[PDB]
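Numbered from 1 within each chain, the chains take letters A, B, ... in sequence-line order. Scope of the values below: all heavy atoms of this structure, side chains included, with no hydrogens, waters or symmetry mates. One-based numbering, in listed order, for ligands and for the atoms of each.
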6 protein chains.
Amino acid sequence: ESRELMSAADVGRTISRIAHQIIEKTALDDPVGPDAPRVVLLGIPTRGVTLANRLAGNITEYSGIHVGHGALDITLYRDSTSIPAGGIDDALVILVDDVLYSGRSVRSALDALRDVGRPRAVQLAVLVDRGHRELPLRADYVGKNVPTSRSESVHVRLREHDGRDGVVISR
Amino acid sequence: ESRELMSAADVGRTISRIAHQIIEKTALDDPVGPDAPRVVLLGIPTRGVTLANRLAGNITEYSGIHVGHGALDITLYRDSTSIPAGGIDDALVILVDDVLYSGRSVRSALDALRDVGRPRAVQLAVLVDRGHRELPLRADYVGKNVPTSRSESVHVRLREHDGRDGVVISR
Amino acid sequence: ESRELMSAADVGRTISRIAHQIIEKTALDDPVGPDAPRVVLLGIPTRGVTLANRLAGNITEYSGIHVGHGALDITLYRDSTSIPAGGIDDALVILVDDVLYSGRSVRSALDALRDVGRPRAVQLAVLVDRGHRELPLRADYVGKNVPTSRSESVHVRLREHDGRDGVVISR
Amino acid sequence: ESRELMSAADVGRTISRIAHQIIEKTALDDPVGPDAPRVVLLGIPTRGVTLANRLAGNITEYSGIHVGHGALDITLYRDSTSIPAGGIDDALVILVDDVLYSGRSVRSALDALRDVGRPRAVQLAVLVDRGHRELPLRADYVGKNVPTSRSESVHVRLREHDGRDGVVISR
Amino acid sequence: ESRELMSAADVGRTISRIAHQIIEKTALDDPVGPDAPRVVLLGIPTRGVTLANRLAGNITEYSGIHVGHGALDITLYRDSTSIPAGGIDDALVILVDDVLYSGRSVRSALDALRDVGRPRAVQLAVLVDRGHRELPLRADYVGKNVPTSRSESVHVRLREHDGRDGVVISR
Amino acid sequence: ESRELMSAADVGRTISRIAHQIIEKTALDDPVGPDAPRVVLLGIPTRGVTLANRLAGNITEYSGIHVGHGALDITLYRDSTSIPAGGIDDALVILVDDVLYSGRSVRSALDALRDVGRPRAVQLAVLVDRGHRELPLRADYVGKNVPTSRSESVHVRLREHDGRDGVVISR
Ligand SMILES: O=c1[nH]cc(F)c(=O)[nH]1
Ligand SMILES: O=c1[nH]cc(F)c(=O)[nH]1
Ligand SMILES: O=c1[nH]cc(F)c(=O)[nH]1
């Protein structure tokens, strides 16, 4: 059994709001001072990459600033990577995924990240937080908090990846 | 120069509340069973270890449950560990520290923790969150959120370690 | 399904009786002379440790004597150890577990013990003997002899560990 | 001061009774089945070997079944081995010694035994238990329980080994 | 022969005095800082470790301060080590032994200690100074100065080790 | 700024007293022997060497005995050496320095010494002890104990090294 949690319009509005939170919180709009570092969005393959790419698109549309974005493979970090020109050294890296659950993927991403470089800081953006974290990891940007039973599943859908925008829950 | 954020009485009341939050959230009080894992408090040296010991004491006094507690040395995980007998495999491990700052100490603790065993989940408790995180790490239990400038310093004082309970800020 | 072998009151009366047997059999309350060894309780994780801790407490209450007690990790002795101050050399060590079955856990304890020191003697106390030994090992103190089939399971519950006292058998 | 605890006739009656206990308890004359494994008697050198050999003779005389028997050297297991064809894997091994005292020799046999194979279970048979065990080890078959002071000695004599059957105590 | 230098009551009163000297001299009661460093007691195996543990208990009882305490093996430093979590860097380490003689054991401890970390300072506490030093090493805390000949031996007894507290001299 | 702690006459009187203490304590003028080892003074470069040399002269003047004396370089022993004919094996070695402070130089000397030979024993003589030791090292001969703040400096002057005898303190 399945049900719609977010419509295509819902996801659009939320992704847009997330993009503006990012702009607000990083001030990427400003002349990048000493204490205001360049932003890089790295998505967790593969739908996380889709989300990071769209966020990058939105931010460019709203601010005129082109933020670097890529992908961070975590296959070899569980108990192809693509980094923008300029790397991540002393940058603000925003890890991006579609769903935050136990948090174990994000920890893998943190591990993977240090084989790449040394960011000034790392943030996390997700479309959905479905709870039941198993590590003290939290998203800095959350599209929607979706309370779930352990037996339920949350399914994020993005146009470029799955054919439609939407979020569905099933049991 | 210097000023008091928490009195000894403040620290006492706050620690007692955290202990009850832990009891509430883990339900260590009711008969264990399949769905309630044993809880282990691991402190980050040294005041985190002090705080962990006090929390364990408080928890036993309020619930009658003896929680395992120890210390997690993180020296070889930056830039001797003490785990209660029976280990931490499939336990709910709560990392304990006095101050949450950048979060890098907590990350080191997670790394050290992974060379020790495989917990069911890991939570984090701190007396003070002074902001300025550089990782997407957040405490599940927080004594007090203390806004600070980077130039300021937070000094937690615990009786078993410093002769008195209290939290002071300096510049 | 499930059935009760011992009520909480049962467990209390029995643990108290065991405590007094130990005191009687070791004469630990008498003025320790040259030829009368100090008693050390080492529990096998985890409920054996709970049981060892409670017994030590009981012994102090009934005799005023504080016996050293700790835990003996046997994980690397099958397929962190905690030894009280003064160690176990020339001591009378009482291994404590909740259930005696095949006896292999106890034999592992004997192996683990031999990497710790050389006691004068080793005894064994258990809450329940459910039979079916596969080694010539027997307990010196037994809470209750419970005949069981190979298909049954024995579940000991102790207050400090599980919130309640009791022993149940299931099939 | 010397004194006789058991006459030759005593030893004879007692060894014969043990043989029948073994036959009864292992049902070795019945068809070897899942819960009825082949029996192997291994004596501890050297008089234990004599006793194991006698028991095998008696068992054959009473049941017509020839049980495998040999010796288990424990020299390299303290603080020449001879195994019957078919080994001891999944067998019921009965360790045999003349006197059970501290229990340390038997523990050595247990250690020595696992460098030989994996028995289904291990039992222990001794002619005399003189008490004062220093380990939680007990014999499954005991010829005679002989109370002794720490200063007394128990001496087993078997004909094939010493020239007579008998048991003597000295101080 | 043998003779008593200190009674159990003597040892208790003296150990208590040492504990207060340590508290006074380190100002352990005051907040850990530059002029009051964190204290760690490291005992020399084996009775030195027990004594360190006893001192820690006393200090806790008198001051409420829980001092780290452990053991420093000096086997590999002549002609099992246990360090509390957080190590000894910039700590005040107090080496503890039962008897100071030639001073060679203490020097080995000093060597072993720098393979562990870099303390702010190192002090020494002993129950007995038996004279005859062969190095310019002296204890900062001394229980009793006992004049002895080269042919005499001093035997310290601690309850957790020997059942009683006491100091005897023999020839 | 500065003030005089010891006049040239003071230093002369003190150095003379130290020489006689050495003679008294080592009995170097007596017919040597098994339990009376030859004395060797080794100074720490450079003013310590001057003091050792002056002491040797005094001892010779007062006793007629010529003690071997030299220098012990400690440059390679932190964080030209000259050893008298006959070496230091089984000798009584007296390390000599002008000022004893933290004691870290003296420990280096003990380390430097083990690369030279094996003395029967090692003593230490200094003109001034200004306190603030960071190790359990003490001088066996002390010219003068000078209480000082950590912010002060102690300056020893010897004629052969600096043109005059004296001790001055500055802040
Ligand atoms: O049902 C799903 N399968 C795989 C996915 F990645 C997802 O989001 N949802
Ligand atoms: O007196 C004895 N000597 C040797 C033995 F093996 C024994 O059992 N008794
Ligand atoms: O300035 C100084 N030079 C050399 C010294 F030995 C001293 O004490 N002070």
TODO: Specify the drug or drug candidate modeled at ligand 2.
DONE: fluorouracil
- [ ] Look up in UniProt the name of the chain making most contacts with fluorouracil (ligand 2).
- [x] Bifunctional protein PyrR
Task: 4.0 Å heavy-atom contacts of fluorouracil (ligand 2) by chain - done: D
Open item on the list: Quick check on contacts: which atoms of fluorouracil (ligand 2) are under 4.0 angstrom from a heavy atom of D:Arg157?
Closed with: 1 (O), 2 (C), 3 (N), 7 (C), 8 (O), 9 (N)
Task: Shortest protein contact, atom 8 (O) of fluorouracil (ligand 2) (heavy atom only) - done: D:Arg47 NH1, 3.0 Å
TODO: Give the residue, atom name and distance (to 0.1 Å) of the protein heavy atom nearest atom 1 (O) of fluorouracil (ligand 2).
DONE: D:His155 ND1, 2.7 Å
Task: Other ligands and ions with atoms under 4.0 Å from fluorouracil (ligand 2) - done: none
Open item on the list: I need the residues around fluorouracil (ligand 2) for my notes - heavy atoms within 4.0 Å, please.
Closed with: D:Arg47, D:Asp98, D:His155, D:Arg157
Ligand-protein N/O pairs under 3.5 Å (fluorouracil (ligand 2)):
unit_1: fluorouracil (ligand 2); atom_1: 1 (O); unit_2: D:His155; atom_2: ND1; d: 2.7
unit_1: fluorouracil (ligand 2); atom_1: 1 (O); unit_2: D:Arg157; atom_2: NH2; d: 3.4
unit_1: fluorouracil (ligand 2); atom_1: 8 (O); unit_2: D:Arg47; atom_2: NH1; d: 3.0
unit_1: fluorouracil (ligand 2); atom_1: 9 (N); unit_2: D:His155; atom_2: ND1; d: 3.0
unit_1: fluorouracil (ligand 2); atom_1: 9 (N); unit_2: D:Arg157; atom_2: NH2; d: 2.8

